[PDB]
Amino acid sequence: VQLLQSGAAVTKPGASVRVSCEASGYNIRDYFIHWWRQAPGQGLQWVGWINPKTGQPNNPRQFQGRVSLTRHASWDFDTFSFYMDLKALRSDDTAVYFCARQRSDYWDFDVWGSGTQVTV
Amino acid sequence: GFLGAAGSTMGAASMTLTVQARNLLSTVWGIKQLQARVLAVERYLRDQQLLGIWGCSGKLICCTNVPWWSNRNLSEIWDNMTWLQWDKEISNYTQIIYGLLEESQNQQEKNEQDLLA
Amino acid sequence: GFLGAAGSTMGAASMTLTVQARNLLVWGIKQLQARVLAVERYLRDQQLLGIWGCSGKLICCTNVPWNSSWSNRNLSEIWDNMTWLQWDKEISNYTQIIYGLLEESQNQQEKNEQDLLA
Amino acid sequence: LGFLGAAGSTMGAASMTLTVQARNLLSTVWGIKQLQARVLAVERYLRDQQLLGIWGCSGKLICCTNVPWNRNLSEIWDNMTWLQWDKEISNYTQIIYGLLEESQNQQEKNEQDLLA
Amino acid sequence: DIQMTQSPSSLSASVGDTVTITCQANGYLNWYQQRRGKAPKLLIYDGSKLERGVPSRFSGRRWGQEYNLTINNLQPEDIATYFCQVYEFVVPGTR
Amino acid sequence: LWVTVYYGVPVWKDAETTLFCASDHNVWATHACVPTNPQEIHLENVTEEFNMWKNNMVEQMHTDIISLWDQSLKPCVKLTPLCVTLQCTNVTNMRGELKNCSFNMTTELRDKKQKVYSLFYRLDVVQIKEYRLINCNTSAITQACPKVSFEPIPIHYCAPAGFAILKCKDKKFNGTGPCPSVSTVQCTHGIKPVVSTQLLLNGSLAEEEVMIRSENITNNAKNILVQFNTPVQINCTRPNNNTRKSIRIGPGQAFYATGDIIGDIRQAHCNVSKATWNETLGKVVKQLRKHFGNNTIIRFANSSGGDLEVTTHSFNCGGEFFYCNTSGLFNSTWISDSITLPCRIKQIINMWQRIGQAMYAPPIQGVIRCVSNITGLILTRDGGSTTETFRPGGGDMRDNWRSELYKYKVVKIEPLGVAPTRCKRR
Ligand SMILES: *[C@@H]1O[C@H](CO)[C@@H](O[C@@H]2O[C@H](CO)[C@@H](O[C@@H]3O[C@H](CO)[C@@H](O)[C@H](O)[C@@H]3O)[C@H](O)[C@H]2NC(C)=O)[C@H](O)[C@H]1NC(C)=O
Ligand SMILES: *[C@@H]1O[C@H](CO)[C@@H](O[C@@H]2O[C@H](CO)[C@@H](O)[C@H](O)[C@H]2NC(C)=O)[C@H](O)[C@H]1NC(C)=O
Ligand SMILES: *[C@@H]1O[C@H](CO)[C@@H](O[C@@H]2O[C@H](CO)[C@@H](O)[C@H](O)[C@H]2NC(C)=O)[C@H](O)[C@H]1NC(C)=O
Ligand SMILES: *[C@@H]1O[C@H](CO)[C@@H](O[C@@H]2O[C@H](CO)[C@@H](O)[C@H](O)[C@H]2NC(C)=O)[C@H](O)[C@H]1NC(C)=O
Ligand SMILES: *[C@@H]1O[C@H](CO)[C@@H](O[C@@H]2O[C@H](CO)[C@@H](O)[C@H](O)[C@H]2NC(C)=O)[C@H](O)[C@H]1NC(C)=O
Ligand SMILES: *[C@@H]1O[C@H](CO)[C@@H](O[C@@H]2O[C@H](CO)[C@@H](O)[C@H](O)[C@H]2NC(C)=O)[C@H](O)[C@H]1NC(C)=O
Ligand SMILES: *[C@@H]1O[C@H](CO)[C@@H](O[C@@H]2O[C@H](CO)[C@@H](O)[C@H](O)[C@H]2NC(C)=O)[C@H](O)[C@H]1NC(C)=O
Ligand SMILES: *[C@@H]1O[C@H](CO)[C@@H](O)[C@H](O)[C@H]1NC(C)=O
Ligand SMILES: *[C@@H]1O[C@H](CO)[C@@H](O)[C@H](O)[C@H]1NC(C)=O
Ligand SMILES: *[C@@H]1O[C@H](CO)[C@@H](O)[C@H](O)[C@H]1NC(C)=O
Ligand SMILES: *[C@@H]1O[C@H](CO)[C@@H](O)[C@H](O)[C@H]1NC(C)=O
Ligand SMILES: *[C@@H]1O[C@H](CO)[C@@H](O)[C@H](O)[C@H]1NC(C)=O
Ligand SMILES: *[C@@H]1O[C@H](CO)[C@@H](O)[C@H](O)[C@H]1NC(C)=O
Ligand SMILES: *[C@@H]1O[C@H](CO)[C@@H](O)[C@H](O)[C@H]1NC(C)=O
Ligand SMILES: *[C@@H]1O[C@H](CO)[C@@H](O)[C@H](O)[C@H]1NC(C)=O
Ligand SMILES: *[C@@H]1O[C@H](CO)[C@@H](O)[C@H](O)[C@H]1NC(C)=O
């Protein structure tokens with residue numbers, strides 16, 4: 001069970017940024033994928049999950065209309081790619097973004113991603 | 001042999017119960033035999049349970065308590081009539097007896113002994 | 001009817017054993033498996049009933065002494081107030097050793113005695 | 001001491017462990033192969049139980065019969081095992097079974113019926 | 001609603017001593033230890049059971065609405081930030 | 001004193017076993033189901049502990065429905081010469097929904113070929129003006145075999161000998177917990193195997209009022225199941241008048257294309273009544289307010305996103321697969337005439353959430369109309385929260401089946417007991 005991550009991205013204000021994870025090591029369709037972002041010198045912040053089987057996302061009121069979560073499986077359903085799009089970069093959107101695998105109803109994220117630096 | 005006492009009277013056909021009793025148990029062709037085996041086992045087991053509930057376990061001839069429709073005399077019944085004619089004649093009255101023996105008559109008798117001992 | 005006396009006490013549920021006793025017997029394998037499983041379960045239960053010397057009887061008395069270690073309650077209360085389901089959990093722990101005692105002490109020695117004295 | 005644990009023991013000592021032998025009799029590829037065994041075991045058990053029931057010995061591990069018979073019992077029960085007994089006496093078992101079926105059971109039913 | 005707090009803030013435990021980090025919450029709680037400039041890692045899940053691959057010294061216990069994690073035989077490598085998350089709510093943690 | 005053995009005592013234990021079908025030319029093969037007035041016995045003085053989220057009836061029903069779906073697609077035609085390079089043009093010169101696509105095809109003789117055409121929907125073709133079928137790179141097509149019908153019919157689930165099915169007769173019954181009015185039965189009522197994602201159709205209505213059931217309401221990742229006490233009528237229609245044309249692609253192999261449409265091309269759609277939906281939403285809000293503050297704001301909204309199966313109300317009406325835009329219903333915000341839902345039609349179907357195999361669906365001639373009764377809802381709640389908002393969701397059929405089997409359970413009878421008595425064996 002291993003996930004992956006993309007490199008750091010620098011974007012101008014009023015642009016779009018895309019961050020991608022990739023899970024290759026296990027039965028992907030049976031576990032949710034969650035996204036988190038951490039501001040510098042602050043605790044973790046919750047971004048919504050995505051259901052790999054049907055693709056329906058769930059985002060909080062703060063990120064409604066600005067974040068999109070999609071997944072794209074490959075042939076033989078051996079690898080998955082989970083993307084995250086942010087529509088309008090603002091001043092205080094700088095943070096570090098992680099993708100995590102929820103194992104069970106306890107909401108315990110055993111596997112995490114490397115992380116990505118997003119700066120405006 | 002098997003079913004050989006068919007034409008004989010109920011008096012002379014009740015002495016050979018064992019010979020009929022033995023033969024109860026005894027890929028297209030591989031599925032039509034397993035069905036027969038399971039069906040035979042099930043029918044034999046159902047008949048054995050029906051015998052056992054009434055108080056008749058391992059007994060080919062029983063005597064039970066309920067009184068005794070028919071108006072014929074005993075000599076007439078056991079002298080000339082055969083088993084099949086009796087079965088065809090009295091098929092209606094069987095269900096009354098079947099529930100009568102198992103429900104009360106045995107169930108009562110299974111208690112007084114427990115009360116007595 | 002079937003399971004009608006489930007809520008009734010032990011005293012009033014002992015007169016209805018025959019109702020449960022006579023109801024114990026794709027889309028092509030799911031019927032055969034059930035038909036053979038019912039027979040196997042019925043034969044196993046009847047074998048255990050028979051090897052204790054109780055074959056053919058719904059209510060049989062046994063000469064195995066009952067100690068208070070397994071359970072101890074007043075005979076007036078047990079048969080008048082509490083239910084069979086309530087009693088099932090209370091004595092469920094010690095059933096196996098009771099069955100083991102019934103195995104040889106109830107019938108085997110008495111079988112040998114009957115063999116010698118006949 | 002267990003299943004078939006008195007195989008070498010003398011008949012007198014082997015007759016005390018009837019229950020341990022009597023208890024184990026009942027209980028895609030390897031999907032039908034298990035079902036065949038499941039049906040076969042039930043069939044064999046039912047056949048043996050029917051044979052016991054016909055003779056009037058139903059539900060009895062040590063039965064007594066009404067069929068009369070060298071071979072003094074002292075040497076048989078003290079100096080032999082069940083296997084040698086089987087090898088020696090297997091010839092006559094069919095006629096013994098035939099006598100047991102009707103010579104002593106159906107008759108007993110007739111006298112019991114006529115008595116009451 | 002879900003209300004959860006982590007009072008201890010910063011601590012000054014020394015090497016070779018026993019440390020305790022306490023919190024209060026309702027619902028399932030999990031403890032994570034994050035080193036500076038690295039991804040978080042799960043130590044104890046459900047707040048009482050420890051994930052396979054962590055030394056047995058780390059132990060967390062729950063009583064009523066008060067949970068806390070105790071570490072004994074502290075080592076220099078254990079200087080990270082410890083925080084507890086219920087479902088989607090996290091607190092900055094303790095360092 | 002002494003121990004006595006009772007055979008036939010009323011005692012049951014939790015267990016799981018295979019339950020067979022009894023049902024009073026069909027996908028679900030109810031001919032193999034045994035024939036089925038059934039008796040129901042009331043049990044008094046008893047309170048059984050029920051759980052609907054962990055019962056095994058739903059799993060067995062799911063795998064049995066999948067097996068019946070699979071075994072009915074074996075005899076009929078395998079459409080895999082149809083993966084060729086199509087050439088498609090517009091049907092008229094709503095626009096661009098239908099396409100006239102022509103291609104080459106084989107015939108009864110191996111050395112000969114023919115040129116044919118058919119009318120395809122825009123949702124079934126993908127551009128390479130050369131198109132191709134949507135799934136010729138992922139799966140193989142088998143035809144839906146017109147001799148069978150897709151109309152659901154009630155199915156019972158009956159238990160073997162030595163087992164029983166317990167039922168809960170509590171009117172206001174929560175998903176899990178004791179039931180003070182347990183009864184017993186041999187087997188259940190008729191259950192229609194209907195497939196839908198966001199609205200439940202032709203279901204069983206509640207007796208007292210609207211009920212809310214979720215495994216754990218605090219966890220937002222689990223859906224909420226809503227049951228109505230009164231149905232909502234919905235009329236769905238397909239105005240087009242199609243003609244079906246048969247094409248021979250081999251010895252004994254037939255392909256059913258579409259000749260043309262008589263009259264005008266009109267959009268398929270469904271109608272709901274506005275006032276009844278308003279009352280139903282008011283009742284749902286009133287019941288939902290019990291699991292939150294008494295002054296919290298309730299909201300409803302369009303689906304967030306995903307596949308076409310979960311963002312739209314999906315079903316079939318008489319053999320044509322409808323996907324309907326439902327964003328006109330969940331349009332409200334609550335503080336303490338008719339609605340028309342445009343729909344689209346699809347023929348190449350990937351069913352049961354499998355990506356390995358697919359199915360075709362022959363065109364059905366004539367006008368198609370359905371009148372159905374909406375019984376329930378499946379919702380999800382946006383996390384990170386006053387002002388709770390709810391979106392429609394679905395896609396998992398176990399949620400569909402669980403709304404019918406929430407009261408039944410299976411138990412095994414154990415007819416042996418040991419009891420203390422004063423009697424001594426002779
Ligand atoms: C929910 O249940 C209703 C039950 O009425 C279903 O409506 C019924 O659907 C069938 C299938 O199309 C209709 O049968 C058809 O009738 C026409 C006209 O007689 C005939 O030409 C066809 O060959 C076919 O037999 C039936 O009339 C219709 N019932 C009513 C009252 O309109 C509905 O389809 C179900 N919904 C779902 C999603 O399953
Ligand atoms: C949802 O899950 C939570 C956490 O697993 C459950 O919280 C438990 O609730 C019971 C009864 O209220 C308490 O005895 C436990 O101590 C709680 N566990 C905790 C706080 O970790 C909650 O009950 C669940 N919801 C439902 C409806 O069952
Ligand atoms: C769809 O078109 C067909 C023609 O192919 C119509 O069928 C005719 O219907 C009328 C009305 O009963 C009959 O009198 C004719 O005999 C039918 N066949 C013909 C004209 O060939 C059908 O009615 C149309 N559908 C609708 C809903 O109007
Ligand atoms: C569903 O609702 C639509 C919209 O009201 C109905 O369509 C109307 O039909 C009548 C009768 O032909 C026309 O006079 C109206 O102009 C139509 N409405 C519109 C907006 O064009 C339809 O009849 C209803 N019933 C169905 C589709 O079965
Ligand atoms: C949906 O279709 C049904 C059935 O055609 C419609 O019910 C009709 O309602 C009118 C009055 O509004 C009655 O006069 C008719 O008798 C009803 N039909 C039948 C067959 O009885 C209903 O109006 C339609 N529209 C909805 C439910 O919005
Ligand atoms: C959610 O609502 C919005 C608008 O109410 C729908 O989004 C529209 O989608 C069309 C499709 O191309 C766009 O042209 C519009 O611009 C979108 N609206 C806005 C305001 O941008 C959306 O379809 C609804 N959700 C679902 C699942 O249908
Ligand atoms: C589902 O229905 C909604 C409501 O009709 C659609 O939202 C409209 O989309 C059109 C597309 O250009 C826009 O012009 C309208 O402004 C939208 N309405 C509102 C209120 O914003 C939505 O597009 C439909 N979904 C799909 C996939 O077509
Ligand atoms: C098949 O083709 C479609 C259309 O381009 C594409 O979206 C899809 O990803 C392809 N299948 C796979 C397994 O890549
Ligand atoms: C057939 O009937 C005759 C006439 O009574 C009788 O003598 C004979 O024994 C019967 N045969 C059998 C096999 O019972
Ligand atoms: C920390 O430990 C216990 C758990 O063992 C916890 O319940 C309590 O709040 C704390 N106890 C003390 C003495 O601080
Ligand atoms: C148990 O059920 C019987 C039968 O209806 C009833 O008479 C009795 O009162 C019930 N027990 C109690 C405690 O109510
Ligand atoms: C055919 O439909 C396409 C897609 O809407 C459109 O761009 C084109 O103008 C139409 N007419 C043609 C190709 O003659
Ligand atoms: C059918 O095949 C012929 C080969 O001669 C080709 O010229 C023609 O374009 C094909 N038709 C289509 C619709 O692809
Ligand atoms: C539903 O009806 C009530 C009362 O008639 C009204 O206040 C409310 O606005 C209606 N809802 C919508 C969405 O129009
Ligand atoms: C309801 O939907 C209409 C069109 O679908 C839209 O204009 C409106 O903003 C929505 N919300 C309302 C009326 O509150
Ligand atoms: C709703 O429709 C179903 C099937 O068409 C029908 O059985 C049911 O009776 C209807 N609802 C009412 C209240 O009649």
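Lettering follows sequence order; numbering is per chain, from 1. What you see here is only part of the deposit, and the contact count is restricted to that part. How was it done? The header gives electron microscopy, 3.2 Å.
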Quick one: do you know the drug at chains A and E? 3BNC117
Greatest-contact chain for 3BNC117 (chains A and E), named in the PDB entry: Envelope glycoprotein gp160
If a contact means heavy atoms under 4.5 Å apart, which other chains contact 3BNC117 (chains A and E)? F
Species of chain F according to the entry: Human immunodeficiency virus 1
Most heavy-atom pairs under 4.5 Å with chain F: chain of 3BNC117 (chains A and E): chain A
Which residues of chain F have any heavy atom less than 4.5 Å from a heavy atom of 3BNC117 (chains A and E)? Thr218(F), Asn219(F), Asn220(F), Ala221(F), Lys222(F), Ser304(F), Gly305(F), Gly306(F), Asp307(F), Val310(F), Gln353(F), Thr380(F), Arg381(F), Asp382(F), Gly383(F), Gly384(F), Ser385(F), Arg391(F), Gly393(F), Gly394(F)
With heavy-atom separations under 4.5 Å, which residues of 3BNC117 (chains A and E), by chain and number, face chain F? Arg29(A), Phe32(A), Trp46(A), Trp49(A), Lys53(A), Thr54(A), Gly55(A), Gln56(A), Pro57(A), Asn58(A), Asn59(A), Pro60(A), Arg61(A), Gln62(A), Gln64(A), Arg71(A), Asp105(A), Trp107(A), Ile2(E), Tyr87(E), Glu88(E), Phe89(E)
Which name has the entry assigned to chain E? IgG 3BNC117 Fab Light Chain
